[PDB]
Amino acid sequence: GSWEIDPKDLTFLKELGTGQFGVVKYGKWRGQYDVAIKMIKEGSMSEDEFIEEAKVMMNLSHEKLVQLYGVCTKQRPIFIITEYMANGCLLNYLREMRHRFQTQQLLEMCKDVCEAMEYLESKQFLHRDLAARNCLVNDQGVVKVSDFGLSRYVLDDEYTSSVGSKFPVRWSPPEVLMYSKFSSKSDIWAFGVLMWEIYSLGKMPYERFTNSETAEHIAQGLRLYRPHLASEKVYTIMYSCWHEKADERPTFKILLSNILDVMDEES
Ligand SMILES: *CCC(=O)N1CCC([C@@H]2CCNc3c(C(N)=O)c(-c4ccc(Oc5ccccc5)cc4)nn32)CC1
């Protein structure tokens, strides 16, 4: 179908790194168009389910969401072909101190992500693992949301529940940690943590705690605190994502309006 790219149309040009599914490469499609190619190592993914979901993902389209161009599934490893983001993952970009970011730039990164998440929310599509490591940066410095929904297809159980040793505890609200209750409001919580990561220039959330200690901190009702670079108004926005009661957390539409208000007031 239209979700299938012919891998013969790819020219591989550069290694981009490795993650839990294996290697990612940069190349060209039909000699002209920049693409990234994520190669899914055998045994790592629930492949038939992912392939079916890729059809849904191809219909998503937003300027701040990494575009899925297609998949290559006639051979193994299968390929995911996407828009190319030359500046890599947001986490590592934030940690490069040479950039000497202004706080207006940091707030713009938050706004980029919030726009993508408002779009996903309008499509009833949960990210399920939003974090700076899962956002990408293009050659213009624009941040886009990536790997959306992908955690649903991971076969390594260390990633798939809080009983696992590689679960995103530090991005999880109390109802996820205690009950596995995912919702729009668990994406909201994670977005607040992501804002904290941005304003902390890529520090690990709860940097001095283990995952187990973090879950206890959350069970006691405690929270991250204000990054040095966040104004009081910015801190209010990120902190609003962490209400104990999920229903008291904002929507992405509300967060976007709040971010724009602050951008105007701090311009
Ligand atoms: C900090 C995290 C980290 O070290 N890595 C994750 C990003 C990896 C590289 C970096 C360079 N660019 C890039 C791209 C890209 N599109 O340019 C990708 C990538 C990410 C996701 C997908 O496939 C999907 C997209 C959207 C939804 C579902 C799947 C393809 C390609 N990865 N990188 C380096 C390591």
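Sequence positions for chain A are given in the PDB entry numbering; the residues included correspond to 393-659, in order. Atoms within each ligand, like the ligands themselves, are counted from 1 in listed order. What you see below is based on every heavy atom in this structure, not just the backbone, and it leaves out hydrogens, waters and symmetry mates.
Here the macromolecule bound to ligand 1 with the most contacts is known in UniProt as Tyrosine-protein kinase BTK. Drug at ligand 1: zanubrutinib (bound form). Residues touching zanubrutinib (bound form) within 4.0 Å, heavy atoms only: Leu408, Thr410, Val416, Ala428, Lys430, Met449, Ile472, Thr474, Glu475, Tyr476, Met477, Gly480, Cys481, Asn484, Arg525, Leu528, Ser538, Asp539, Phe540. The atoms of zanubrutinib (bound form) that sit less than 4.0 Å from any heavy atom of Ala428 are 15 (C), 16 (N), 17 (O), 31 (C). My check of the UniProt ATP-binding residues in chain A for heavy atoms under 4.0 Å from zanubrutinib (bound form) returns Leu408, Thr410, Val416, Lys430.
Zanubrutinib (bound form) places these atoms under 4.0 Å from at least one heavy atom of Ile472: 23 (O).
The protein atom (non-hydrogen) at minimum distance from atom 11 (C) of zanubrutinib (bound form) is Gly480 CA, 3.7 Å.
For a threshold of 3.5 Å applied to N or O pairs, the pair formed by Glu475 and zanubrutinib (bound form) contains at least one separation below that value.
With ligand atoms numbered from 1 in the order given, zanubrutinib (bound form) contributes 1 (C), 2 (C), 3 (C), 4 (O) to contacts under 4.0 Å with heavy atoms of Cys481. Zanubrutinib (bound form) places these atoms under 4.0 Å from at least one heavy atom of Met449: 27 (C), 28 (C).
When each atom of zanubrutinib (bound form) is checked for a heavy atom of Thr474 under 4.0 Å away, the hits are 16 (N), 22 (C), 23 (O), 24 (C), 25 (C), 30 (C), 31 (C). Interface atoms of zanubrutinib (bound form) facing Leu528, defined by a heavy-atom separation under 4.0 Å, are 7 (C), 13 (C), 14 (C), 15 (C), 16 (N), 18 (C), 20 (C). As for UniProt dasatinib-binding residues in chain A, a heavy atom under 4.0 Å from zanubrutinib (bound form) is present in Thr474, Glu475, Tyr476, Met477. Taking every heavy atom of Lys430 and a limit of under 4.0 angstrom, the matching atoms of zanubrutinib (bound form) come to 20 (C), 21 (C), 22 (C), 23 (O), 30 (C).
The nearest protein atom to atom 17 (O) of zanubrutinib (bound form), hydrogens excluded, is given as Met477 N, 2.8 Å; this is a heavy-atom distance. The model tethers zanubrutinib (bound form) through a covalent bond to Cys481 SG. Protein heavy atom closest to atom 20 (C) of zanubrutinib (bound form), with residue, atom name and distance, is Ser538 OG, 3.5 Å.
For zanubrutinib (bound form), the closest UniProt active-site residue in chain A and the least heavy-atom distance to 1 Å are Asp521, 10 Å. Shown here, atom 2 (C) of zanubrutinib (bound form) is in close reach of the protein: a heavy atom of it lies under 4.0 Å off. In this deposit, the organism assigned to chain A is Homo sapiens.
Near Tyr476, meaning under 4.0 Å from any of its heavy atoms, are these atoms of zanubrutinib (bound form): 17 (O).
Of all UniProt domains in chain A, the one holding most residues touching zanubrutinib (bound form) is Protein kinase.
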